[PDB]
Each structure stands twice: as structure tokens, then as C-alpha cells.
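I have placed the structure first, in the form of C-alpha cells, so that the comments after it can refer back to it.
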Amino acid sequence: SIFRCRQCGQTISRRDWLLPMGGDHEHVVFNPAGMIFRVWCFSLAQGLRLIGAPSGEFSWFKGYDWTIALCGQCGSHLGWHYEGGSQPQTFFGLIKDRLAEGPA
Ligand SMILES: O=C1CC[C@H](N2C(=O)c3ccccc3C2=O)C(=O)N1
Ligand SMILES: [Zn+2]
């Protein structure tokens, strides 16, 4: 039920906050460096630190701009925050294998 940073245990999100974007909460995507990510969409997350300037470039989600999301405690790269779009305006795309799932 709770998702934590795999690298240090920081509390990050909850299964109840999962967001089916375009029919599914899971999107399997590649970046321009050839890396594949199983991205889980959450409406909400906490314990992150958002870095940099939002960008539209290479966005996997049409109409959204992204910012890198680090674990706020250890600095692990956990995913991205998306903003600037519609229904919803914002959400989080977190990398599933960088989280640990467990009891509340
Ligand atoms: O929606 C997104 C999030 C950012 C992500 N991203 C990467 O992970 C990356 C690595 C190197 C150069 C450029 C990028 C890029 O835009 C990506 O490709 N799309
Ligand atoms: Zn961490």
C-alpha cells in the first residue's frame, strides 16, 4: 500500500494515489539515451525534491512539461513531475523499480 524510495526508505506515495493516464497507470517508455523505464503515474507524491526548469522536450505525455524528481532525502532519481496540461493539470511519473512497496 505505501511506496518508499528503494535507496533510503523515504516515504513517497501510496497505491490509492495511482492515476490511470490514458487507460493505464503503467507506461513503458524510452528516453533519448536509450534507457527504458516502467513509469507508474500517481496523482500525488511527497518526499521528493523537484529540480530545474519545466520542459516540454521529449515529453512522453502530450501537453505536459516535466521537471526531474529526486528523492528529497537521498537524491536518487525517482521520476518526473508533470505540469502544464489538463485533466489533470499535474501528476507524477515515478520509476517503478526505484520504489519499494510495502505496508502502511
Ligand atoms: O517525459 C519525459 C521525461 C524526461 C525524459 N528524459 C530523459 O530521461 C533524458 C535523458 C537524456 C536527455 C534527455 C532526456 C529526457 O527528455 C524523457 O525522455 N521524457
Ligand atoms: Zn531516497
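We number chain A the same way the PDB entry does; the residues here are 20-123, in that order. When a ligand or atom number is given, it counts from 1 through the structure's own listing order. Going by what the header records, the deposited coordinates were determined by X-ray crystallography, 1.8 Å.
Checking N-acetylcysteine, S-thalidomide, AR-42 against ligand 1, the answer is S-thalidomide.
Per the PDB entry, the macromolecule making the most contacts with S-thalidomide here is cereblon isoform 4.
Inclusion of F56 in the set of residues having an N or O under 3.5 Å from an N or O of S-thalidomide is not warranted. Contact between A52 and S-thalidomide is absent, with no heavy atom of the residue lying under 4.0 Å from the ligand. Applying the 4.0 Å criterion to heavy atoms of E76 picks out, from S-thalidomide, the atoms 16 (O).
For atom 6 (N) of S-thalidomide, the nearest protein heavy atom (residue, atom name, distance) is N50 CB, 4.0 Å. At least one heavy atom of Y101 sits closer than 4.0 Å to an atom of S-thalidomide. Protein non-hydrogen atoms do reach within 4.0 Å of atom 4 (C) of S-thalidomide. Of the other ligands and ions shown, none has an atom under 4.0 Å from S-thalidomide. Among protein heavy atoms, the minimum distance from atom 17 (C) of S-thalidomide is reached at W79 CZ2, 3.3 Å. Taking every heavy atom of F77 and a limit of under 4.0 angstrom, the matching atoms of S-thalidomide come to 1 (O), 2 (C), 16 (O), 17 (C), 18 (O), 19 (N). Looking at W99 against S-thalidomide, only its side chain comes within 4.0 Å, counting heavy atoms. With a 4.0 Å cut-off on non-hydrogen atoms, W85 touches S-thalidomide through its side chain and not its backbone. Considering only non-hydrogen protein atoms, atom 15 (C) of S-thalidomide sits nearest to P51 CD, 3.8 Å.
Binding site of S-thalidomide at 4.0 Å (heavy atoms): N50, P51, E76, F77, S78, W79, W85, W99, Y101.
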